[PDB]
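The structure to be discussed contains ziritaxestat.
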Amino acid sequence: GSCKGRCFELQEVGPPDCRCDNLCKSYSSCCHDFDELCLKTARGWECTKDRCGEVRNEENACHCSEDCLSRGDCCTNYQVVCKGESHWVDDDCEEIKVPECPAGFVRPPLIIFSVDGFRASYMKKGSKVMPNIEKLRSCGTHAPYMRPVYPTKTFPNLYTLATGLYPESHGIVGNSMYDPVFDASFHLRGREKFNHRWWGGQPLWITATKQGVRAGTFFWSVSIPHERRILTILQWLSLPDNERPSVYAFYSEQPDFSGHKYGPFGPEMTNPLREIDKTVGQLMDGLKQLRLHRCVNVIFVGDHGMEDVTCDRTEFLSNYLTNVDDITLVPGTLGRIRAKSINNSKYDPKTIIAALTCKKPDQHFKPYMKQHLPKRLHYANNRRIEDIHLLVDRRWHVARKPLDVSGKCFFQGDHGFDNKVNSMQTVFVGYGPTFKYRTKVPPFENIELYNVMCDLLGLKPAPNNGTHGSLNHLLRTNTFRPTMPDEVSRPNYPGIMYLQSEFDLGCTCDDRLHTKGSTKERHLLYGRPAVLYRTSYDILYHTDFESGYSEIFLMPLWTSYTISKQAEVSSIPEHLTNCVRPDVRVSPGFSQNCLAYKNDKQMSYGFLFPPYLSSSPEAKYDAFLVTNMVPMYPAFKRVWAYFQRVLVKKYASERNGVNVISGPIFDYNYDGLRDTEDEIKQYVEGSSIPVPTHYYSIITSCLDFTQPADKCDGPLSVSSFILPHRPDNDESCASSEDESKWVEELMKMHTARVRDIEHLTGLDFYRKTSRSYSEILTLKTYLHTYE
Ligand SMILES: CCc1nc2c(C)cc(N3CCN(CC(=O)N4CC(O)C4)CC3)cn2c1N(C)c1nc(-c2ccc(F)cc2)c(C#N)s1
Ligand SMILES: *[C@@H]1O[C@H](CO)[C@@H](O)[C@H](O)[C@H]1NC(C)=O
Ligand SMILES: [Ca+2]
Ligand code: NA
Ligand SMILES: [Zn+2]
Ligand SMILES: [Zn+2]
């Protein structure tokens, strides 16, 4: 009927009965008077000196009367101009040791101020452009930058913040999407983006509601101005205890729009950032009028950054593919290719990949079968993600035909590139009681934030991709303390059993031995990795390395070893080139056969521990054990040999020694999780030897580089890779030249976290350290970007 006193109501209303909520416009189910009651614009948003001590006029946008505080619907600057109060920004920065909330408040509220396309380097502008945001950043907990998820677009990142999930998990994989099961398209413009079926996981507002914690609107109907959104949140905070929600969200479309139109480094970006700051100023002043400015948790977060991208810097598939009218492309800062129609038979992914692979010297994109995309992107396991994907170089675009892209140039900026690119990095600020005071924190991924916001609201988080405890160093008080998971599979330590005579593996070499002593104290600085799944594996000790050999996979799950700064690098002797010796501690049955590698013309082998960095000539013979070999393509051996021969020593030289934990990964269903035996598709020809899809390497050192890797009492420094086990090096366009030119570039592109490896290996590292477990969780979430 009417929105008499029901403006922006938080309850549900079953059809009919016209609703007056924040989504009534988008479905067009608002009452006739909604606009002339709830969207009042009369006499602006700011109180004036001549409006102070006025009688209540209901038509006014915000009130400047005496009862406005009791009513809880004043203008944000009411007390400042009338009661002679100061702006929140003008006040001296004061530590919030305890939440200062009125009686009735059971928990301190949470305000999420999300800013679309907010570049991390905009904070450099400082108090001159953004005085209010500078105060929040300087006073509360802030990071130099926050890492978004790929693709670095609005919808995937905002819903990643909401759910703590990778876009492939929560299902919003882009602003543009096609689902083959629905046979419908999701777009930035359309009614289909309001359909619930597209949205997966459990966002913060659902988690809160189902645990008895009431939540305000997270979406605002497009035609509700920024000033009204702030006033509506401040009105909700004035509601009684039983009706008042504890979690709110504000979303601004700036400075994205101005970022696209003018560019990141544009002088026209100042005003849009002044505008954002004023909106924040209205909130903080508004909270101060309600006496909630030292009660409420404020998160100032962005979804992504912005890069200099021009229309003249565009690649066209018409200069690669002969028939362009056969494929549908999702163009711009990324590429997703599928068939235009399902009726087409000639459509071959293999031919399209080949045609797009290193054709031009200065090619500004690289084609990938989604399973071959870097694992750190976690962008494959979803039916809305197309098999063919193009990773576009920063500052560049990819279109189907030249006529697709348009005038002189409409856009000078864009986003959606690799999430490790500096220009795509966004902001996080945490102001309030539960957050720390004048505290800088290392950069972290936005996937982690859902866990933190749940902790602020005292909620049990839904199973997500955040490492719970990794952001405990953000908070003054922690409601969750993390615990190491219990080991499921206890290790075996098998002695000498089977004699060289019994081993008929079809092998040859042409040529105590295996004991513990310094093997643990030197080559396990951070303890034995725990196996978190039922499987039979053995602990094998050597003088140079220690490994956890699997009897099911017939190879090590992990191989740990340590190289000092003054460590020697020797060559593989010519008379030990094809040397592969049987391990007396393991049975012939639970061992690889060298015959299988001769039958398989495509598959060679390599060693997890390098013979190159053997302590003595006698110790090098331990490197040629059958329990230290893994199936490897000749193409990959070029990458792995260089790493082991050159780079493993190079790191030890610069990082004053390094501990290396190397091993295989099986992920044929590309879900980023450890494969079971049945899920392995490819084995070595005529054998039960499973072919790893990737090979990982956890390279740990001392943060204080003055101290060596062993005898490091201070914090730890870590870098990790997950190199794809490819039968070719087509990913590397310069693979023709010496390994030094290309191999290192490939590794930095396939950089990874420890958590990424732990998910893919089902292992748990850094179990015996001098560090707190929450500090280790941060070390495990750390990603070396090389930017
Ligand atoms: C481009 C901005 C935007 N536009 C929309 C639109 C049109 C709809 C929309 N949704 C998403 C939620 N969905 C209904 C819903 O409650 N659920 C479907 C799930 O099962 C739970 C459909 C409506 C989110 N939108 C968003 N997003 C992603 C927003 N970000 C947030 C957000 C996310 C995290 C934050 F920390 C703060 C704000 C919003 C919310 N709610 S508004
Ligand atoms: C992300 O979280 C979801 C839900 O817990 C899970 O299904 C998925 O496997 C997780 N991803 C990884 C890489 O662990
Ligand atoms: Ca898997
Ligand atoms: Na090549
Ligand atoms: Zn955005
Ligand atoms: Zn944008």
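The PDB entry numbering applies to chain A: residues 56-460, 465-570, 584-859, in that order. According to its header, the structure was obtained by X-ray crystallography, 2.4 Å. Just so you know, ligand 1 is whichever comes first in the structure, and atom 1 is the first atom listed for that ligand. Hydrogens, waters and symmetry mates play no part in the numbers below; they use all other heavy atoms, side chains included.
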Exercise. Which entities in the file belong to ziritaxestat, all copies counted?
Worked result: ligand 1
For this session: Give, per the PDB entry, the macromolecule that holds ziritaxestat (ligand 1) with the most contacts.
Result: Isoform 2 of Ectonucleotide pyrophosphatase/phosphodiesterase family member 2
For this session: Give the residue list for ziritaxestat (ligand 1), heavy-atom cut-off 4.0 Å.
Result: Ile167, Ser169, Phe210, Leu213, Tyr214, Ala217, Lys248, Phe249, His251, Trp254, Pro258, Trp260, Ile261, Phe273, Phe274, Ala304, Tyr306
Problem set entry | Heavy atom of the protein closest to atom 10 (N) of ziritaxestat (ligand 1) (residue, atom name, distance) | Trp254 CZ2, 3.8 Å
Exercise. Protein heavy atoms: any of them under 4.0 Å from atom 23 (C) of ziritaxestat (ligand 1)?
Worked result: no
Exercise. Taking only heavy atoms of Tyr214, which atoms of ziritaxestat (ligand 1) are found under 4.0 Å from at least one of them?
Worked result: 19 (C)
Exercise. What are the identity and the minimum heavy-atom distance (to 1 Å) of the UniProt active-site residue of chain A closest to ziritaxestat (ligand 1)?
Worked result: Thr209, 4 Å
For this session: Please write down residue, atom name and distance for the protein heavy atom closest to atom 30 (N) of ziritaxestat (ligand 1).
Result: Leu213 CD1, 3.4 Å
Exercise. Nearest protein heavy atom to atom 16 (O) of ziritaxestat (ligand 1), by residue and atom, and its distance?
Worked result: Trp260 NE1, 3.3 Å
Exercise. Hey, which atoms in ziritaxestat (ligand 1) end up nearer than 4.0 Å to a heavy atom of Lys248?
Worked result: 7 (C)
Exercise. Nearest protein heavy atom to atom 31 (C) of ziritaxestat (ligand 1), by residue and atom, and its distance?
Worked result: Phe273 O, 3.8 Å
For this session: Can you pull out the closest protein heavy atom to atom 26 (C) of ziritaxestat (ligand 1)? Residue, atom name and distance to 0.1 Å, please.
Result: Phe210 CE2, 3.6 Å
For this session: Would you check whether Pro258 has a nitrogen or oxygen atom less than 3.5 angstrom from a nitrogen or oxygen atom of ziritaxestat (ligand 1)?
Result: no
For this session: Looking only at distances, please establish whether an N/O atom of ziritaxestat (ligand 1) is found under 3.5 Å from an N/O atom of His251.
Result: no
Exercise. What protein heavy atom is closest to atom 36 (F) of ziritaxestat (ligand 1), reported as residue, atom name and distance in Å?
Worked result: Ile167 CG2, 3.1 Å
Output, or 'none' if empty, a list of ziritaxestat (ligand 1)-protein atom pairs in which both atoms are N or O and the distance is under 3.5 Å, rounded to 0.1 Å.
residue, atom, partner, partner atom, Å
ziritaxestat (ligand 1), 16 (O), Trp260, NE1, 3.3
ziritaxestat (ligand 1), 41 (N), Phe273, O, 3.4
ziritaxestat (ligand 1), 41 (N), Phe274, N, 3.1

